[PDB]
Amino acid sequence: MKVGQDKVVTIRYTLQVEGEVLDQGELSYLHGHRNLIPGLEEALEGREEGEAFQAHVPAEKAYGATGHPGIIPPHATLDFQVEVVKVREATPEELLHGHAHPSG
Ligand SMILES: C=CC[C@@H]1/C=C(\C)C[C@H](C)C[C@H](OC)[C@H]2O[C@@](O)(C(=O)C(=O)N3CCCC[C@H]3C(=O)O[C@H](/C(C)=C/[C@@H]3CC[C@@H](O)[C@H](OC)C3)[C@H](C)[C@@H](O)CC1=O)[C@H](C)C[C@@H]2OC
Ligand SMILES: [Cl-]
Ligand SMILES: [Zn+2]
Ligand SMILES: [Zn+2]
């Protein structure tokens, strides 16, 4: 099923800024509830389970002028390599809380 509003989505990601890897990992989030930076949620819209893609997110849709000191510099364009690992419906409590819960 496709990534979209009220889906719980699991992604693997690599983050680069100016060709340097800053982070890599995996996470699950509830889509459409401001869990992620808006630029990456936009790029995730309608993606299929199993789909791999790249997203280049301008600072205005990420960490902006401030960045995130210690990780993301000011005015950084974020280059993401993403794999959509899993997509499922959110449970009632996930929807109430506005976040993802583990499955086990
Ligand atoms: C206690 C809470 C910690 C909780 C941490 C986790 C679940 C672990 C999760 C793997 C995050 C990583 O931890 C190793 C690490 O991922 C980064 O390195 C990174 O690659 C990144 O940019 N990602 C992660 C991959 C999805 C896109 C983006 C994101 O949207 O991330 C989201 C994010 C930071 C959004 C902010 C929220 C504040 C807004 O103001 C700001 O708006 C400008 C946008 C993350 C997922 C939050 O939803 C949840 C958290 O924060 C950040 C550079 C710093 C972040 O560590 C903190
Ligand atoms: Cl979440
Ligand atoms: Zn919702
Ligand atoms: Zn909860």
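Position 1 is the first residue of the sequence; numbering continues from there. These values consider heavy atoms only, across backbone and side chains, with no hydrogens, waters or symmetry-generated copies. Whatever order the structure lists ligands and atoms in, that order sets their numbers, starting from 1.
- At ligand 1, the PDB records name the drug as tacrolimus.
- With a non-hydrogen cut-off of 4.0 Å, the residues around tacrolimus (ligand 1) amount to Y13, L15, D23, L27, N35, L36, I37, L40, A62, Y63, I71, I72, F80.
- Given atom 48 (O) of tacrolimus (ligand 1), the protein heavy atom at minimum distance is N35 O, 2.5 Å.
- The protein reaches atom 10 (C) of tacrolimus (ligand 1) closely, with a heavy atom under 4.0 angstrom from it.
- Taking a distance limit of 4.0 Å, we find that atom 17 (C) of tacrolimus (ligand 1) is approached by some protein heavy atom.
- When distances from atom 55 (C) of tacrolimus (ligand 1) to the protein are checked, no heavy atom turns up under 4.0 Å.
- Distance check on atom 40 (O) of tacrolimus (ligand 1): every protein heavy atom falls at or beyond the 4.0 Å cut-off.
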